[PDB]
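Androgen receptor in complex with dihydrotestosterone.
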Amino acid sequence: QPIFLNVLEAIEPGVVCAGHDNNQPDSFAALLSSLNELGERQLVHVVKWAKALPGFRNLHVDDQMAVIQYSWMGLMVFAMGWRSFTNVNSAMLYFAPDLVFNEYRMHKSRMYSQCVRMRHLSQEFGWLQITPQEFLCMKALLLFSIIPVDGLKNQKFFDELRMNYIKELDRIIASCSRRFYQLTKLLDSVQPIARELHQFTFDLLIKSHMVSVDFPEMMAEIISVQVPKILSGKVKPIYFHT
Amino acid sequence: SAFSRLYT
Ligand SMILES: C[C@]12CCC(=O)C[C@@H]1CC[C@@H]1[C@@H]2CC[C@]2(C)[C@@H](O)CC[C@@H]12
């Protein structure tokens, strides 16, 4: 109904496959190399999606790029949690049609706790009965949910944009605004997951040669250049709740 | 960066 929702529905990325070889045995190396490839492929989609959001061109160019490079983990985790919810009713992690994690794969990836964290998020979409429209608004807000403590190049354009995406989430909600407590709480719950995954992928990149885990070009650069800004505390999520 | 090349 809003022009806003029209736009979010129209630009929502479609299916992305990982290219995983489902004939080879599950192995840390094969599973994580396919996750890394998936990330690279999804990142192409996230860029094209983000550039198409209402107001996104408002930002300075370096701020457009920064915000994508900080927020892609949260975004992709949130969208994967939704895929899992809608395809397999949260029973397994639907990273892609050719890379669905069962318990066994959760274990083999050496990321079990984190997977459980993500399956939990996924169950939340069920337990809270989140709508497609709430989902799209919430995902758009995650793009604007992590920034350098010292601010962006043009911080005022970012603030205005984030303020308006909050207003939009509020509009598709509008005792009732207990929903807002919960949706904001659910949004916050993405961040600690993303942080754990940021530490995991960082350590994995450092030790990648020794474990034959393959990182694609743009993933290696981003995980070595931007991700450490997060881990070092230079760049931090915006939480709703303290 | 490969990212900035992709972006711009
Ligand atoms: C964003 C991705 C890939 C896209 C997705 O659906 C969610 C998923 C969450 C875990 C990430 C993965 C990309 C590659 C990572 C970063 C691995 O190095 C470790 C955790 C993986």
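As listed: the chains are lettered in turn, A, B, ..., one for each sequence line. Using the numbering of the PDB entry, the residues shown for chain A are 670-843, 851-918, in order. Here chain B follows the PDB entry for its numbers: 1-8, in order, are the residues you see. Counting convention: from 1, in listed order, for ligands and their atoms alike. When the header is checked for method, it gives X-ray crystallography, 1.8 Å. Any value given below was found using the heavy atoms of this structure, including those in side chains, with hydrogens, waters and symmetry copies removed.
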Heavy-atom contacts under 4.0 Å: which other chains make them with dihydrotestosterone? A
Mind pulling out the residues near dihydrotestosterone? I'm using a 4.0 Å cut-off on non-hydrogen atoms. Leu701(A), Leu704(A), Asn705(A), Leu707(A), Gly708(A), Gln711(A), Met742(A), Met745(A), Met749(A), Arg752(A), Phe764(A), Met780(A), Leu873(A), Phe876(A), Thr877(A)
Using a 4.0 Å cut-off to any heavy atom of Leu701(A), which atoms of dihydrotestosterone qualify? 17 (C), 19 (C)
Please state which protein non-hydrogen atom is closest to atom 9 (C) of dihydrotestosterone and give its distance, to 0.1 Å? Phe764(A) CE2, 3.9 Å
Atom 16 (C) of dihydrotestosterone [closest protein heavy-atom partner, distance rounded to 0.1 Å]: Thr877(A) OG1, 3.2 Å
Run the numbers for me: atoms of dihydrotestosterone, each under 4.0 Å from some heavy atom of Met780(A), listed by number. 20 (C)
Determine, using UniProt domain annotation, which domain of chain A makes most contacts with dihydrotestosterone. NR LBD
Do me a favour and list the nearest non-hydrogen protein atom to atom 12 (C) of dihydrotestosterone with residue, atom name and distance? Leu704(A) O, 4.0 Å
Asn705(A), any N or O under 3.5 Å of dihydrotestosterone N or O: yes
Checking a contact table here: which protein heavy atom is nearest atom 4 (C) of dihydrotestosterone, and how many Å away? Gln711(A) NE2, 3.2 Å
Could you find the nearest protein heavy atom to atom 1 (C) of dihydrotestosterone and give me its residue, atom name and distance? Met745(A) SD, 3.6 Å
Quick check, please: with a 4.0 Å heavy-atom cut-off, which UniProt 17beta-hydroxy-5alpha-androstan-3-one-binding residues in chain A are near dihydrotestosterone? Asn705(A), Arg752(A), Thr877(A)
Provide, to 0.1 Å, the distance between atom 6 (O) of dihydrotestosterone and the closest protein heavy atom, together with that atom's residue and name. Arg752(A) NH2, 2.9 Å
Any idea which protein heavy atom is nearest atom 11 (C) of dihydrotestosterone, and the distance to it? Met742(A) SD, 4.2 Å
Among protein heavy atoms, which lies nearest atom 10 (C) of dihydrotestosterone, and at what distance? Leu873(A) CD1, 4.2 Å
As an exercise, identify every atom of dihydrotestosterone less than 4.0 angstrom from a heavy atom of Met749(A). 6 (O)
